[PDB]
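Chains are designated A, B, ... according to the position of each sequence line. Numbers in chain A track the PDB entry; the residues on display, in order, are 671-918. Sequence positions for chain B are given in the PDB entry numbering; the residues included correspond to 922-931, in order. All values below come from the heavy atoms of this structure, side chains included, with hydrogens, waters and symmetry mates left out. Counting convention: from 1, in listed order, for ligands and their atoms alike.
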Amino acid sequence: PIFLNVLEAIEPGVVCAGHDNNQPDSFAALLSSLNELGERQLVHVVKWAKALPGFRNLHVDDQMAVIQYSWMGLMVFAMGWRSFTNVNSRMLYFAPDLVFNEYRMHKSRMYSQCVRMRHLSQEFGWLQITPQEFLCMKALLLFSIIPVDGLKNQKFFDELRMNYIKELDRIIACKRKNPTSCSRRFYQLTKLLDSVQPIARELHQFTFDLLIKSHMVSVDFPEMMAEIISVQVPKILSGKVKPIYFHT
Amino acid sequence: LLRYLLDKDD
Ligand SMILES: C[C@]12CCC(=O)C[C@@H]1CC[C@@H]1[C@@H]2CC[C@]2(C)[C@@H](O)CC[C@@H]12
Ligand SMILES: O=C(O)Cc1cc(I)c(Oc2ccc(O)c(I)c2)c(I)c1
């Protein structure tokens, strides 16, 4: 009862990407904006994460680690949710001043990826996900990707993850009645969570390549963005950091 | 400077 009150109170607010919606849609313009929105959205995730119960009792090193590995999956999941309640999953609502339409998806040279994220949005509708179920799932996403060897203090991490997995169970169970719909529901939500990883990986690779040849494509990468994508992302695409799926 | 964000004060 108290847990849900927290996630709702610490839930970040609207964030603008600062895109010049008066300039012809181009690869450089759109991407440069997305990177900026990523920088702005990142600052809020850090604050949001700190407010997360138990997050503070995590080794400072792991705190910055988990954040640098799941920031992508978290932002996408939230974007899809916004796209679902803002445009009915019609388009991708990255930001109030950065709404992606069919045309912009192609102009971004990542139409296939946008198509996958859009499905995620539609998923929120088909499964009738509730704001409460969403809030918790997003929180669980924070502890859904860690290095293979483990964290500085894997002990506390597993304990926290276990508690959030239980919180998700509570939100569901504390509304149903029969022991049948409770399982099937937990199954669907856990499935929805894993479907985010594949999408995040494709975005990890795309942003990676973009960074490499960002000098010739005229795409600006903020400080934090370029540092995480050049140090953290590689570990993910190399196998160092692997997501934590519920199902095989 | 993510650490800078990690340990701000207010
Ligand atoms: C995380 C962001 C920005 C925040 C958001 O709402 C989700 C969205 C998903 C695609 C990302 C984008 C940030 C900039 C990236 C990483 C581009 O370089 C390629 C993929 C873009
Ligand atoms: O009982 C409930 O529902 C509320 C609840 C929610 C959580 I997430 C939880 O997990 C930890 C674990 C370590 C730690 O330092 C902290 I702060 C919290 C516990 I314990 C209880």
In this deposited structure, which macromolecule lies in greatest contact with ligand 2, as labelled in UniProt?
-> Androgen receptor
What's the drug at ligand 2?
-> tiratricol
Drug identity at ligand 1 (zomepirac, dihydrotestosterone, thalidomide) = dihydrotestosterone
What are the letters of the other chains with a heavy atom below 4.0 Å from tiratricol (ligand 2)?
-> A
Which residue holds the protein heavy atom closest to atom 11 (C) of tiratricol (ligand 2), what is that atom called, and what is the gap in Å?
-> A:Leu830 CD1, 3.9 Å
Out of A:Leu722, A:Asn833, A:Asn727, whose heavy atom sits nearest atom 15 (O) of tiratricol (ligand 2)?
-> A:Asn727
Any idea which protein heavy atom is nearest atom 8 (I) of tiratricol (ligand 2), and the distance to it?
-> A:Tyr834 CE1, 3.6 Å
Measure from atom 5 (C) of tiratricol (ligand 2) to the protein's non-hydrogen atoms and state whether any distance is below 4.0 Å.
-> no
Identify the closest protein heavy atom to atom 12 (C) of tiratricol (ligand 2): which residue and atom is it, and at what distance?
-> A:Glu829 OE1, 3.4 Å
In chain A, which UniProt domain contains the majority of residues contacting tiratricol (ligand 2)?
-> NR LBD
Under-4.0 Å heavy-atom contact between protein and atom 20 (I) of tiratricol (ligand 2) = no
Which residue and non-hydrogen atom of the protein lie closest to atom 1 (O) of tiratricol (ligand 2), and at what distance in Å?
-> A:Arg840 NH2, 4.2 Å
Please state which protein non-hydrogen atom is closest to atom 2 (C) of tiratricol (ligand 2) and give its distance, to 0.1 Å?
-> A:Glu837 OE2, 3.8 Å
Entry source species for chain A = Mus musculus
Can you tell me which residue and heavy atom of the protein come closest to atom 17 (I) of tiratricol (ligand 2), and the distance to 0.1 Å?
-> A:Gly724 N, 3.6 Å
Provide the binding site of tiratricol (ligand 2) at 4.0 Å, counting non-hydrogen atoms only.
-> A:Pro723, A:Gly724, A:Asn727, A:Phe826, A:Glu829, A:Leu830, A:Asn833, A:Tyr834, A:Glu837, A:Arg840
So what's tiratricol (ligand 2) close to, N/O to N/O, under 3.5 Å?
| from | atom 1 | to | atom 2 | distance (Å) |
| --- | --- | --- | --- | --- |
| tiratricol (ligand 2) | 3 (O) | A:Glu837 | OE2 | 2.9 |
| tiratricol (ligand 2) | 3 (O) | A:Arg840 | NH2 | 3.0 |
| tiratricol (ligand 2) | 10 (O) | A:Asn833 | ND2 | 3.4 |

